[PDB]
Engineer: 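Before we start, here is the structure in question, set down as structure tokens.
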Amino acid sequence: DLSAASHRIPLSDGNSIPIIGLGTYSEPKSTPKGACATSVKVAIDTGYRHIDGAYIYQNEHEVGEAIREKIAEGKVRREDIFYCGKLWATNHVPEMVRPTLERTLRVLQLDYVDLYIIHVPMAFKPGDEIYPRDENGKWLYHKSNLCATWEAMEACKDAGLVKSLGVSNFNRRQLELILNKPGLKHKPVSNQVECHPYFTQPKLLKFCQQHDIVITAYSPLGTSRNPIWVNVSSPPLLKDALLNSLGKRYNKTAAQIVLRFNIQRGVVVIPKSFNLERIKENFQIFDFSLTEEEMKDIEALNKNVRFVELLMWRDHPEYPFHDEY
Ligand SMILES: NC(=O)c1ccc[n+]([C@@H]2O[C@H](COP(=O)([O-])OP(=O)(O)OC[C@H]3O[C@@H](n4cnc5c(N)ncnc54)[C@H](OP(=O)(O)O)[C@@H]3O)[C@@H](O)[C@H]2O)c1
Ligand SMILES: C[C@]12CC[C@H]3[C@@H](CCC4=CC(=O)CC[C@@]43C)[C@@H]1CC[C@@H]2O
Ligand SMILES: [Cl-]
């Protein structure tokens, strides 16, 4: 089934998604200009056909640049590349959804995105600020209306600006909001959430699977562990003894074991690397497979704890992480 040259899996709207892509979030402060563009190019040369991005990562112009260069030289056609962009919290107001997607299209200089997803279920104060809190540091929460925001998303697909629609960081209750929606035109095909062997998302995955929603594993290698936003209490994922042990068995790194685990069970992974060797390393996951014994054993590593808990927002009506799943 899955191979380096062919590893796209079905989405419920008849489209398909490469089961591995390149993540592109990088701390703007300490990232060299051009590093994203260079990485996307290397990834495409390597065999990646899926790139995950977001306007708020401040490098979507580099993503577009890289994709267009590869199309221009004839490495890929547009239809061979799958780009996922994201609608941020400050742009949830229905009237803003389309202009927000149009900005991303203009930044990429592309005609459409393959997947456009609601970044988080929480709405913030609209404005030239990505993360708006007041002087006292109170997160200016805007009133969320997910159904109305989703309707604006649907109109974007109707207009042909995007092939597939999805969400990110949505719990069961939030997905059911959309799924049960009166007059639902386009159901979510994708839910992008933290996922890896310390958090196999067993319940959310079964639930998503019942509705033909595909899970995309963000931070599939356990994040870069930046303390200013990541929960550095847990030990680094790539140090797990089991994962490293299985690595030895297959002559593979802990990262490659981690990625293989998630794809082998139909979860899309979007590991981020701006390093030449590691970009290649992460893609080499089609020449082996894990035994049912091993898959079960890795699953069992499931802590049911999160590296990305977003505690600073736990007091938003739509905070997704309270429910069991
Ligand atoms: N929907 C959301 O809310 C959300 C949230 C977070 C992230 N995301 C998306 O998911 C993507 C990936 O998650 P993530 O960036 O947070 O973290 P990640 O992909 O799990 O891991 C990234 C970190 O691991 C390092 N790394 C990559 N490959 C490695 C390897 N083979 N061995 C050892 N280290 C390796 C990278 O450094 P180097 O670059 O130097 O290799 C980077 O520091 C993000 O870039 C973004 O696209 C989405
Ligand atoms: C946590 C943070 C706001 C949320 C950002 C985070 C960088 C990583 C990140 C990636 C996303 O795609 C969702 C939002 C987040 C989680 C930013 C770093 C500083 C700021 O406080
Ligand atoms: Cl946005």
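Start at 1 with the first residue, then count along the sequence. Ligands are counted one by one from 1 in listed order, and the atoms in each one are counted from 1 as well. The deposited model was determined using X-ray crystallography, 1.8 Å. Excluded from the calculations below are hydrogen atoms, water molecules and symmetry mates; all remaining heavy atoms, backbone and side chain alike, are included.
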Engineer: Quick check: main partner chain of ligand 2, as named in UniProt?
Structural biologist: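 It is most in contact with Aldo-keto reductase family 1 member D1.
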Engineer: Can you remind me what the drug at ligand 2 is called?
Structural biologist: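 That would be testosterone.
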Engineer: Return only the organism name the entry records for chain A.
Structural biologist: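 Per the PDB entry, it is Homo sapiens.
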Engineer: Quick one: which UniProt active-site residue in chain A is closest to testosterone, and how far is it by heavy atoms, to 1 Å?
Structural biologist: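 The UniProt active-site residue closest in heavy-atom terms is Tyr57, 3 Å.
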Engineer: Below 3.5 Å, N or O to N or O, backbone or side chain included: is there any such pair between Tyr57 and testosterone?
Structural biologist: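 Yes.
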Engineer: Checking contacts now, so for atom 15 (C) of testosterone, which I'm interested in, is there any protein heavy atom under 4.0 Å?
Structural biologist: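 Protein heavy atoms within 4.0 Å of atom 15 (C) of testosterone - there are none.
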Engineer: Minimum distance, heavy atoms only, to atom 4 (C) of testosterone: which one of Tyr25, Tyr131, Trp229 is it?
Structural biologist: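 Selected option, by shortest heavy-atom distance: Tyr131.
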Engineer: For atom 11 (C) of testosterone, what is the closest protein heavy atom, and at what distance to 0.1 Å?
Structural biologist: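 Checking every protein heavy atom, the shortest distance to atom 11 (C) of testosterone gives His119 NE2, 3.4 Å.
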Engineer: Could you check which UniProt NADP(+)-binding residues of chain A come within less than 4.0 Å of testosterone, heavy atoms only?
Structural biologist: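 Going by UniProt and heavy atoms, it's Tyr25.
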Engineer: Does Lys86 come within less than 4.0 Å of testosterone, judged by its heavy atoms?
Structural biologist: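 The answer is no: testosterone sits nowhere under 4.0 Å from a heavy atom of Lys86.
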Engineer: Taking distance alone, with N or O pairs closer than 3.5 Å, would you say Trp88 contacts testosterone?
Structural biologist: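 N/O-N/O distance below 3.5 Å does not exist for this pair.
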Engineer: Could you find the nearest protein heavy atom to atom 21 (O) of testosterone and give me its residue, atom name and distance?
Structural biologist: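 For atom 21 (O) of testosterone, the nearest protein heavy atom comes out as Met312 CE, 4.2 Å.
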Engineer: Does the protein come close to atom 18 (C) of testosterone - that is, does one of its heavy atoms sit below 4.0 Å from that atom?
Structural biologist: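 Neighbour list for atom 18 (C) of testosterone includes protein heavy atoms (cut-off 4.0 Å).
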Engineer: Give, by chain and number, all residues and nucleotides of other chains with a heavy atom within 4.0 Å of testosterone.
Structural biologist: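 Residues with a heavy atom in range: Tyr25, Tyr57, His119, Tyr131, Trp229, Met312, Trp313.
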